[PDB]
Amino acid sequence: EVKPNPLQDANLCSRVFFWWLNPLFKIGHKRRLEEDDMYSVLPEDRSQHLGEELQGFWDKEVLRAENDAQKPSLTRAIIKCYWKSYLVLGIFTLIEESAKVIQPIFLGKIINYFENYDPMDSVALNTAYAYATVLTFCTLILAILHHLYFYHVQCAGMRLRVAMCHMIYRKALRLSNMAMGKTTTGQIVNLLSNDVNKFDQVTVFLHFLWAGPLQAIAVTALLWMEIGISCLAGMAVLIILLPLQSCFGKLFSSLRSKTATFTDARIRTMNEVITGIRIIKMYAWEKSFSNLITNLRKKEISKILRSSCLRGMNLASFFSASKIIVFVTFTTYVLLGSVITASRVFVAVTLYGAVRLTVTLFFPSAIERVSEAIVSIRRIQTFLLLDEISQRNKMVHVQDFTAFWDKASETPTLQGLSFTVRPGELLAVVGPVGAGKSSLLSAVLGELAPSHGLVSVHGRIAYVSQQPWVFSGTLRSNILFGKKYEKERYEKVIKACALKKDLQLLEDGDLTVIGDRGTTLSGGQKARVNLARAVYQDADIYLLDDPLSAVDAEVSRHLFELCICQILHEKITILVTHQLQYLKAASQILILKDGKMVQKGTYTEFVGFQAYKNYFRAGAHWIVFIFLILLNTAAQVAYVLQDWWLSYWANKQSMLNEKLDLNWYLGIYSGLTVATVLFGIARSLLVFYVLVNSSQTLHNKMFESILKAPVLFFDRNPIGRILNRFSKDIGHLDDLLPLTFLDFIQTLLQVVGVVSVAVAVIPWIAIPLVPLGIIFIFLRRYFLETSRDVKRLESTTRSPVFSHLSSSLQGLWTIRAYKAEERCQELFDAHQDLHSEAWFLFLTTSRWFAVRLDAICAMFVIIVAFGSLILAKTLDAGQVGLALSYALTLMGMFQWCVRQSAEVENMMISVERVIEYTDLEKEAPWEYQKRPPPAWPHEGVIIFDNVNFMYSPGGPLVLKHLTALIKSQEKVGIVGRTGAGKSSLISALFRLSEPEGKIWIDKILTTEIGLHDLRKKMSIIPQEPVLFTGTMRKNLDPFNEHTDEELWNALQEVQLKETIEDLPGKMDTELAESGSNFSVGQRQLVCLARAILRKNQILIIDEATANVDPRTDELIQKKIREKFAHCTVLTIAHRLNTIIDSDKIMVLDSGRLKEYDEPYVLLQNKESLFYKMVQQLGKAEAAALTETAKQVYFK
Ligand SMILES: CC[C@@]1(O)C(=O)OCc2c1cc1n(c2=O)Cc2cc3c(CN(C)C)c(O)ccc3nc2-1
C-alpha cells in the first residue's frame, strides 16, 4: 500500500482515542499538508470492492424482481447488503442510550446521600463513592467510547456513498444512446454531486429512528416511578414541542423559497451591472440600476428579516424548552401536594435534560434525513433501470441497413445501405448532413441497430468522432490512452503526425499534463491528437470522422499522403472528409442521402478582531451591544436561577420538622420561568435584528462602492470574482451567519452556565478549571492549524471526480469504441478513492479533536462529583443537586459550542471580503462644484491639448501628446490599424481614466466638472449594443423624461416601432434574456433611438455596425445624417466608405496622430497613410473613394 494506514494495526486503546492519528497533527502543525501526507484507505473502502460487492446484491435483487414480477427495490438491496453489518452499530447505540438514562438514577442516589447526611457515617460515604464511580464510567461511555462508535456510523455513510458512485458510473457507460438522448449530463453529474451525497447525512441518525422513541418511553417510565402522574405533564409538553419544531421548519422553508425569487432577480440584475458596467457608466445610468438593486434588496431584506423572526423564535424554544417542561411538571407535582426534595427534582431535571435533545432535535432531524435519503434512492433506482446497449455489442459487411437514432415515427436514419470492405482497402463516404453525418460509422460502432438488414464486423475497432475528445492525463497518456508504451511505434506515428514540433513549440512536449477540462490544447491541435491516439492503437478497423481534415494544412495533407495512404492503408479503414480530392486516392466512395445509399460513386464517375468590530459597528451603536450584553446574561442568569430556585426551595423544605408559603415559592418560581423564556425570546430576536441590520448596511455601503468603482477595477477583477460576492458572501450574511452566530452565543452562555454554577457551588473547582482551560486553548490552536487544511484538501480532491465523469460521459462512443470501460472504470476508482482518502481524514480528524473535548468535559464531571463528596461537611443537598444536574448537561453542549466556534470563524471570512469592497477607490463625484451652465453643450467644440491617457497609473501611454481641434458640428472620422488606439480616445473623453494633457469642451476643462455633468451631456453608440432586462421604455428612458410620442417617434425613426407596438406590453414590454427576440442590429437601433432621444450635440460611434447587415447600416447612415445634421459626430469605423465623406479624419497609430485633415487632402498627399490605406484597399474603388472625397470640395 503506497501510503500505509495506521488503522490496520493500532491497538484498541489507540483507535478508541484515535491516538494513531497523532503523527498527522505533528506534521500539520509543522507544515502545510499535501495529498501525499494523507493516508490510503483500508482495503474494504476501495470503490471497486464496494461496488462489486453491492452489485453482488443489486444484481440478485433485480433477478428476484423479474422472477417475482415486481418493480425492484434498491433500498432492499443496500439493506440486504448492510443489514448484517449495520445492526452491529445499533448495539452500541443501545448501550449508549442506557448510559444517557442510567446517569440520572445514580445522580439521584448520590444526591440522596446528602439528604440523609451525617458527617460520621463512613459506610454511607463509601456507598456514595461507588455511585460516584459508576457515574464516572457512565460519563466515560458517552465521553470516550461514543467517539469510536460515531466514526463507524460515519463509515457506514461513506461506504454507502462510495459504492453508489461506483455503480452509477458503471451504469453510465452501459447506458443506451437512447437513454443518453433521454438524459442530460447535468442530471447524472448532479446525481453524483448531490443526490448520492445525502447518504452520509442519513446514516448518522438512522439508529435514532428506533433508539429515540425507545429512549422517550424509558424516561417516562422511570419518571413515573419518581414523580407519579406528574411526569406526564412534562413529557406530554415535551412531545408537543416536536410538532412545533416542525411548524417552524415548514414556515421558513416557505419564506426561504419566497426569498429565492428575489436573490435570483437581484443576482441577475447585478450580473448585468457587473458585466455591463462600462457602458452603464457612459450613459450615467447608475441611478437607474441603483434604484433597482436598492428596491429588490429592500424587498428581499423584508422577507428575510420576517423569516429571521421565526428563525429566532425557534432557538428560543430550544432555550426555554427545558425550563418550560420543568416548570409545568413541578408546578403540577407541587399542586398535587408533594413536598419538593432535592433528590426527586434533579433526577427529573436530568432525565429531561437527557431526553430533550433526542425528541426535540435528533429524531426530528432523522425523519427528515431518512426522507431525503429514500427519495435519493428512488431516483438512483430510476437511473439504474434505464435502458442499456447490448453489452456484448477481419472484415466489415453491411446489408440493406435500416436504422434510427430512435424509433420515432420518421423515416429511418439509414436506409437500404449495403457494402462490404476487406483489409488493405479504404472506403470513403459522402455522408448525411443536418443529421448523423457519420451515421454509417455509428452503425459500424453499434450505436445503432437495424430494424431490417444486417451489419457484421470482426476484430477490434478504432474510431474518432469529428467532435474532438481528450482524456484526463498527459498528452502522452492520451496518445497511450491506456495502451502500453512502444517507443518506435510512438516515435513513428507521433512524427508522422508532425506533432513533435507543434507539441514542442506550443505544449512543452508530450509530458505536458492535459489541463482542466482540456484547456491546454488549441482546438485545431486537439483534433489531430484524436487521430494520433487512433493510429497509435494499431487497431484492425480505423474509422475517421472529419478530423478537421477539411482544414487545409501541411499535416492534413501529410497524414494522408504518407501515413494514411501507405501506412494505415493496410488496415480496414473508412473515411468521411470534405477533402473530396483526397478520395481520388480512395479505393471506393459511398455517397449517401436521406439514409439511402445513393451511389457507389467512385471518384472517376465525375481573522483579526477588526473584522468583528467592523461587522458589529455596522449594525448599531456600541451602546446597543451593551444593551445586548445585558440581555445575554439576563437570559442565562434567569436560566440558572430557575434551577437554583428549585434547589433553594428544596433546601428550605427539607430543613422543616411546618407549611411553606406555596404562593411565595411557586410564585417566584413561575416568575423565573416567564422571565427566562421572555428574556430568552427577546434576546433571540434582538441578536438577529442587530446582525441582519448589519448585513443590510454592509450591502448598501458596499454596493455603492461598486457603481463608483472605476473601470480599472473591472479590468483587474473577473466578473465571476465580483458577482460571487453579491451571491455567495452577502448570501451568507443574510441566510446563515446571523443564525450561526446566535447559536454560538446561545451555547457559549450555557457552557458559562455550568462552569460558573459549578465554581459557585464548589469554589475550589476554580483552580483546576484553569489547567482545563489552557489545555483547551493549546488543543484548539494545535487542532485547527490542521483541520483547516484537511478541509481544504477534501474540498479540492472532490473536483476530479465530477470532471472525470463529465469528460468520460462526453466520450462514451470513443470509450466503447476501444471497449475501454475496463480501464476507464479504474481511472474513476482511482479518483474516487483518492477523495475517500481525504474523507477518511475528515471524519477521523474531527473525532481526535472531539474525543478530547469530551475528555476534558468528562474530567469536569469527575471534579464536581467527587469534589462534592470530598466537601460533604460543607455542601448541602440542594446546592449539590444543582451542581451535578448542570455538570451532566455539559457533555453534549460543550462539543457543539466549539463546532460552531470553528464554523463561525471560517464563515466570518465572508465578512472580510465584503468589507474590502466597501472602500474601493472611487471616481471623482458624479455631481461636482462649478456645474456647467444650464445649456452648456451649445456648440460641440472640443480641444485636445497634449492629451495623454493610460488604462493604469504608470501604464503604457496609449495616447501620447494627442493634440487636436474639432470644430463645431464637424464630422471627424477616425481609423487606424486593428487594435491600435481603439476606443482609448473615447474612454479618455469620458475620463474613465483621468487623462494627462487637457481636454476642453465648450470652453470647459473636462477635468473640472462632475462625471455626470459630463457623461449625461454626450451620447455614445457603443461597440456592442446593450439591452437591460426591463421594459423597452426603461431601455430607452429609465428616467421617463421623454414622451411616449418621442419614444414612438424614435422607434419609428428605426423600422422597429411596428415590431414593438404589436408586442403585448407595447413600450412596456419587458424582454427575454439579453433581448434574444431582437437582432444585434436592432439592439444598435435601440442605441440610436437612445441617441435620438438624448439629442446631445455630441455623438460617438464606436465601430458598431460591423455586426449589422449593411442595408440596416444604410438606414443607420441615412438617419444619422438626417437627424444628427446639427450634431457633432466622431466615428471610429473600419470601412472607410462609411467615413470617406467626413469633414476631416484623424488616423491614430501607436498612440500617435498619424494624420489629421480633410480626407481628400490626406489622399492628395500620396505619401499619407490615409492614401496608403486607401491604396491598401487594393482595388479600383480607391478611385471612387478619391472622387467622392474630392466632391466634398464642391457638393
Ligand atoms: C445536528 C448535528 C449533530 O447531530 C451532530 O452531527 O453530532 C451530534 C450532535 C449534533 C447537534 C447537537 N449536538 C450533538 O451532540 C448537541 C447540541 C446542542 C444544541 C443547542 C444547545 N442545547 C443544550 C440545547 C442549541 O441551542 C441549538 C442546537 C444544538 N445542537 C446540538
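Here the PDB entry sets the residue numbers for chain A, with the shown residues being 7-399, 408-620, 696-746, 757-1294 in order. Heads up, header says this was done by electron microscopy, 3.9 Å. Remember, it's 1-based here, ligands and their atoms both numbered in the order they're listed.
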query: Out of clobetasol propionate, gemcitabine triphosphate, evobrutinib, topotecan, ozanimod, which is the molecule at ligand 1?
result: topotecan
query: Which chain forms the chief contact surface with topotecan, and what is its name in UniProt?
result: ATP-binding cassette sub-family C member 4
- prompt: Counting UniProt's transmembrane segments of chain A from the N terminus, which ones have a heavy atom closer than 4.0 Å to topotecan?
  reply: 3, 6, 10, 13
field: chain A organism per PDB
entry: Homo sapiens
